[PDB]
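Depicted below, S-lenalidomide in association with cereblon isoform 4.
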Amino acid sequence: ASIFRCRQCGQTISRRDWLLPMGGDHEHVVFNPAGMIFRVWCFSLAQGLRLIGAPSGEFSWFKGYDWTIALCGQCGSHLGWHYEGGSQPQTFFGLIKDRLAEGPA
Ligand SMILES: Nc1cccc2c1CN([C@H]1CCC(=O)NC1=O)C2=O
Ligand SMILES: [Zn+2]
C-alpha cells in the first residue's frame, strides 16, 4: 500500500509518502457549485497527470490558491486539481481519493 495509481487504467500518480497535511489533515471534504461531494487527499507531489488550461481562483476550496483541472495523463479520468499561486507551499495537488487505487511499489 505505498503507491497510488489511477483506478481506471493504472497510471502511476502518487505515493503515500507524499501526502500533505494542509491545515491539519491530508483529507478535506468539499462540494462544488454542482453539489458534488469530493473526499480530497492533499499531496505535495504527483505525476502522470495532465493539467488542463490555465489557473482560476474562482470557487477555490483552499484560501490563496488557484486551481487547474488535473486529468489522468493516460486515460483522461478526472483525478482532482493542481493548486498554485499560494504560500507554504506555493503549489500542491488535491486528488479525489476514490479515483485512485493504492498498492505496493
Ligand atoms: N465552477 C464549477 C462548475 C462545475 C464544477 C466545478 C466548478 C468549480 N469546481 C472546483 C474546482 C476546484 C475547487 O477548488 N473548487 C471547486 O469548486 C468544480 O468541481
Ligand atoms: Zn487513468
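Numbers in chain A track the PDB entry; the residues on display, in order, are 19-123. Side chains included, hydrogens not; waters and symmetry mates left out as well; all remaining heavy atoms used. Whatever order the structure lists ligands and atoms in, that order sets their numbers, starting from 1. Looking at the header, which is where the method is noted, we find X-ray crystallography, 1.9 Å.
Including duplicates, the parts belonging to S-lenalidomide are ligand 1.
The residues lying within 4.0 Å of S-lenalidomide (ligand 1), counted on heavy atoms, are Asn50, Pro51, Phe77, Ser78, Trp79, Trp85, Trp99, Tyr101. In terms of protein heavy-atom proximity, atom 7 (C) of S-lenalidomide (ligand 1) is nearest to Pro51 CD, 3.8 Å. Here the heavy atom of the protein found nearest to atom 18 (C) of S-lenalidomide (ligand 1) is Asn50 CB, 3.3 Å. For atom 4 (C) of S-lenalidomide (ligand 1), the nearest protein heavy atom lies 4.0 Å or farther away.
Considering backbone and side-chain N/O of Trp99, none are found under 3.5 Å from N/O of S-lenalidomide (ligand 1).
There is no covalent bond between S-lenalidomide (ligand 1) and any chain in the model. Looking only at protein heavy atoms, the nearest one to atom 13 (C) of S-lenalidomide (ligand 1) is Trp79 CE3, 3.2 Å. Looking only at heavy atoms of the protein, atom 15 (N) of S-lenalidomide (ligand 1) is closest to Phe77 O, 2.9 Å. Between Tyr101 and S-lenalidomide (ligand 1), an N or O atom pair is found at a separation short of 3.5 Å.
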Distances for all N or O pairs of S-lenalidomide (ligand 1) and the protein under 3.5 Å?
from, atom 1, to, atom 2, distance (Å)
S-lenalidomide (ligand 1), 14 (O), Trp79, N, 3.0
S-lenalidomide (ligand 1), 14 (O), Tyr101, OH, 2.8
S-lenalidomide (ligand 1), 15 (N), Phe77, O, 2.9
S-lenalidomide (ligand 1), 19 (O), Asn50, ND2, 3.0

